[PDB]
Novice: 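Here is a complex structure; among its components: vancomycin.
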Amino acid sequence: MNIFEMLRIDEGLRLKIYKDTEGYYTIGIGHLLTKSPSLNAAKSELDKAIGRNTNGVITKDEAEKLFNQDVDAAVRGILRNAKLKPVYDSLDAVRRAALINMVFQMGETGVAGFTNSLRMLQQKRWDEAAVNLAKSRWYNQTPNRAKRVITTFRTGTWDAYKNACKXX
Amino acid sequence: XXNXXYX
Ligand SMILES: *[C@@H]1O[C@H](CO)[C@@H](O)[C@H](O)[C@H]1O
Ligand SMILES: [Cl-]
């Protein structure tokens, strides 16, 4: 398991424009296109992102390319942010992935706003951090995914992302 | 699923 596999599990893969959990046009492995209610606006954003006239559909390789860019964007957002960077640097590799996951979902500014959770993570007060992280619109709106990310912070293991068949 | 493995 690693951050790419973790997010692939959490986001899925769809090759045609779809709406995310908030109703926003998205494609691929959770690539947000626009918050505009206009499908034409989303299609424009898609064509710009891919570099061709896609008519709302992409290939798996194209989806993976946007995904790789989006994971980089999350990592860069953490590394440039005065609140996120020290927390990230203080964490082990597994918990670093959990933080990247949150930033991928909610953005740099969004996660930097979790002030009390971030402090508990820096303090390595894992059960307390996990309790605090769940007191959030994030948790209430996407509880299964938030539970997996929170378990990863609580335990520093990949257990929430394992299954009996070892894939599927 | 819909993905593969193995983990
Ligand atoms: C594992 O995945 C392969 C590849 O599609 C499939 O052929 C098998 O049925 C499955 O066990
Ligand atoms: Cl969820």
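Throughout, protein chains are lettered first and strands after them, A, B, ... in sequence-line order, and every chain is numbered starting at 1. All heavy atoms count here, side chains included; hydrogens, waters and symmetry mates do not. Modified residues are listed as parent or X, with no contacts credited to their extra atoms.
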Novice: Enumerate the ligands or chains that make up vancomycin.
Specialist: chain B
Novice: Hey, which chain has the most contacts with vancomycin (chain B) here? Just the name the PDB entry gives it.
Specialist: lysozyme
Novice: What is the organism of chain A, as given by the entry?
Specialist: Enterobacteria phage t4
